[PDB]
**Q** 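There's a structure below that I have some questions on.
Letters go in sequence order (proteins before strands), and every chain restarts at 1. Modified residues are written as their parent or as X; their further atoms are not counted.
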Amino acid sequence: XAXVXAXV
Amino acid sequence: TXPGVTXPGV
DNA sequence: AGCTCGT
DNA sequence: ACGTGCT
Ligand SMILES: *C(=O)c1cnc2ccccc2n1
Ligand SMILES: *C(=O)c1cnc2ccccc2n1
Ligand SMILES: [Cl-]
Ligand SMILES: [Zn+2]
Ligand SMILES: [Zn+2]
Ligand SMILES: [Zn+2]
């Protein structure tokens, strides 16, 4: 849920 | 999920 | 109750 | 170095 590297 | 049963995700 | 990735 | 979004 976070998008800090993936943003899922 | 869904909604319902968002996504995932969002 | 109901889930998911890496830049 | 980080949790998200309604039925
Ligand atoms: C989004 O909040 C979120 C939280 N945990 C995870 C674990 C593994 C892959 C993706 C994820 N996304
Ligand atoms: C994005 O690819 C990414 C990768 N590793 C992490 C570890 C801890 C917090 C955030 C992260 N983001
Ligand atoms: Cl991981
Ligand atoms: Zn509830
Ligand atoms: Zn990882
Ligand atoms: Zn976590």
**Q** Look up the drug at chain A and give its PDB name.
**A** echinomycin
**Q** So out of afamelanotide, capreomycin, oxytocin, actinomycin D, ristocetin, what's the one at chain B?
**A** actinomycin D
**Q** Which other polymer chains sit within a heavy-atom distance below 4.5 Å of echinomycin?
**A**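 Chains with a heavy atom that close: B, C, D.
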